[PDB]
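Encoded as structure tokens, the structure appears first; notes follow it.
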Amino acid sequence: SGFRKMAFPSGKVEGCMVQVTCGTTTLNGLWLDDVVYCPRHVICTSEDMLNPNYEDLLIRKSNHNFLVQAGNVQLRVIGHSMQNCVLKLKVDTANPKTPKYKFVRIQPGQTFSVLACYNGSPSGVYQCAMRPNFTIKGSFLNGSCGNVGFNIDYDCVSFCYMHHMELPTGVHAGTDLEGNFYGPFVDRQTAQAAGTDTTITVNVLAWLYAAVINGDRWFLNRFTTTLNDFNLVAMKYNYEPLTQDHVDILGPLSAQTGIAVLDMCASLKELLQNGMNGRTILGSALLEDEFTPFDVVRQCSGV
Amino acid sequence: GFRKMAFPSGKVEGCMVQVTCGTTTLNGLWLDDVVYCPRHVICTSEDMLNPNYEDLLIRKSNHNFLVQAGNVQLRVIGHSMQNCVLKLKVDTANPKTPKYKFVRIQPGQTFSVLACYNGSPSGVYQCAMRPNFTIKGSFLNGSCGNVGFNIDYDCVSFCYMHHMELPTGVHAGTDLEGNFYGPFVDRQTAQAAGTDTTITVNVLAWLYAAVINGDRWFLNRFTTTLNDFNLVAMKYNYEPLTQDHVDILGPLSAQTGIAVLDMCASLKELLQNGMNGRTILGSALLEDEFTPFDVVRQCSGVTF
Ligand SMILES: *[C@@](O)(CO)[C@H](C[C@@H]1CCNC1=O)NC(=O)[C@H](CC(C)C)NC(=O)c1cc2c(OC)cccc2[nH]1
Ligand SMILES: *[C@@](O)(CO)[C@H](C[C@@H]1CCNC1=O)NC(=O)[C@H](CC(C)C)NC(=O)c1cc2c(OC)cccc2[nH]1
């Protein structure tokens, strides 16, 4: 028993982190087989970054313009291309530690692990969720561009995030490994706002189930609600609507606890309307929405 | 961004193995040519109720122990018991052994746990050792022998190996020399921990982290002595500070220019008067599982 924000083990990704430098600009890259993936703004000077014409800047670069270091070894760049906001550097050497991998595009509300890494050296690992407004609430500092987010299924690493930006509000933005931003953001040195965020309702409900599984029931009540009537109140509070698919994904948690989903929904509605008084749930004073149903089932199955 | 962060787990993943005796299986830690694991692996379920470990071990030979890295067996060639830990000498030195140390941590100290089932790592998360010598972890059946660690430079400091889940759902275990943290024993019995307290040095670290981020409404105009602060803190079920606690706050004190005892006086007012409906770092709750090193780490990007 117990419930904790948990990341996937990071070793398979650690073996792929390298450092990429062009001019006086340095960030992290991801070394898979004989290709190194990194944010394309590594080719910019401070002056270029305000309004970079990336295709124009890239064609003026030569392979020798790129310094790639994998620990204490320099990797020789023998080719370069760019796919949207991701620069791809061909090197003459295959990474022997390349895991089985895929590139995927994650959906809002799904979680992933981030390997924090600076100058190509891994520093920490933590779990994030893709927000409905396509931002991430992460812990990226200077030099964190090129950090990647991932999930691991069996032995396959599914890369879903590359880090590019910190917004003025302190949340973060980035791309998939195809170089497409999540959300309406652009890799230029400007202050950018996100759309209004919303709360990931299916994840709050999963987390309430985890709290019940771990002996926390104070927020339950004897009431039920219809799905529509729940969604009416949820939307009033800037919660995402709960779909029937979401209801279905929560089935196993409902079965384990014997609490119907719409019964939990009635609990959540009362919590939104009354607050938590001074009380906590799983040690939190706020309703947590960055655990998916799968995240909860993985830590609570059997308990 | 300020959030809980585990260390990268790869150096430890390469050291996880499975240890089985009969049908009893758990996890072990493979460093050089020795595997470390909880000694109750030698017990049947019924043996675990009231074990005499010295007697149970005399009956065991090297050939009764199955150690597997993945599906690959590592032949056991020696065995000995050290407190609550079994040490199995194996015929292969782990080529992935990192630079490592065995350390015994203080309450309040944090560490990463590599969750691991059947010798296969499944996740990593950050834990704090509570003042009552429990940890609020996430441990299912088959998690015994999971380890807790910190990584400084390229050296892994192992501090915890998992044994037990208490009735209340918190967790208990040993250091890597087999000595339990707290007054627990490795027997199949319901055991209770002392009443827990709040980790004062970590609350202070978090207040420094708030100040570093420009959130400083709670800075008051008073100071205090260490002794007067400790006596008042205990009335709020906060841990007394030690001299080591004062010392490890030093860098955060210097970074902000706020003397440690002035921060103590500020915390004391927060305890006596509450938050008055205000938050710190976006929380009405005073957080106590970030150490001074965690705050310096996750504000400066220390890598390993
Ligand atoms: C990368 O490490 C740079 O290579 C860096 C990551 C952030 C720095 C601090 N925390 C981070 O997550 N990213 C940037 O510096 C990006 C670079 C762009 C994509 C070329 N820019 C920003 O993060 C950025 C610029 C501005 C800004 O300007 C003007 C105004 C306000 C916010 C802001 N963020
Ligand atoms: C190990 O995996 C066993 O090798 C296991 C880990 C726990 C099971 C579920 N979550 C865990 O953290 N540990 C145990 O089963 C230990 C075995 C001892 C050390 C021999 N025992 C307990 O965790 C334990 C026993 C009892 C108990 O008895 C009766 C009554 C109440 C609680 C309790 N916990």
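Chains: A, B, ... assigned top-down by sequence line. Numbering, chain A: per the PDB entry, residues 1-303 in sequence. The numbers used for chain B are those of the PDB entry, and the residues that appear cover 2-305, in sequence. Remember, it's 1-based here, ligands and their atoms both numbered in the order they're listed. All values below come from the heavy atoms of this structure, side chains included, with hydrogens, waters and symmetry mates left out.
- Bound to ligand 2 with the most contacts here is the chain that UniProt lists as 3C-like proteinase nsp5.
- Notes: drug at ligand 2 recorded as PF-00835231 (bound form).
- Other chains having non-hydrogen atoms less than 4.0 Å from PF-00835231 (bound form, ligand 2): B.
- When the heavy-atom distances from atom 22 (C) of PF-00835231 (bound form, ligand 2) to B:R40, B:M165, B:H41, B:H172 are ranked, the shortest goes to B:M165.
- At a heavy-atom cutoff of 4.0 Å, PF-00835231 (bound form, ligand 2) is contacted by both the backbone and the side chain of B:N142.
- Among B:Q189, B:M49, B:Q192, the residue whose heavy atom lies nearest to atom 25 (C) of PF-00835231 (bound form, ligand 2) is B:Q189.
- Most of the interface of chain B with PF-00835231 (bound form, ligand 2) sits in UniProt domain Peptidase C30.
- The PDB entry identifies the source organism of chain B as Severe acute respiratory syndrome coronavirus 2.
- Taking any N or O of B:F140, backbone or side chain, at least one lies under 3.5 Å from an N or O belonging to PF-00835231 (bound form, ligand 2).
- Between B:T26 and PF-00835231 (bound form, ligand 2), a contact under 3.5 Å exists for no N or O pair.
- Within the listing of PF-00835231 (bound form, ligand 2), atoms 2 (O) sit less than 4.0 angstrom from a heavy atom of B:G143.
- With a heavy-atom cut-off of 4.0 Å, B:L141 touches PF-00835231 (bound form, ligand 2) through its backbone alone.
- Using a non-hydrogen distance threshold of 4.0 Å, B:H163 registers as a contact of PF-00835231 (bound form, ligand 2).
- Residue B:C145 approaches PF-00835231 (bound form, ligand 2) through these ligand atoms, each under 4.0 Å from one of its heavy atoms: 1 (C), 2 (O), 3 (C), 4 (O), 5 (C), 6 (C), 13 (N).
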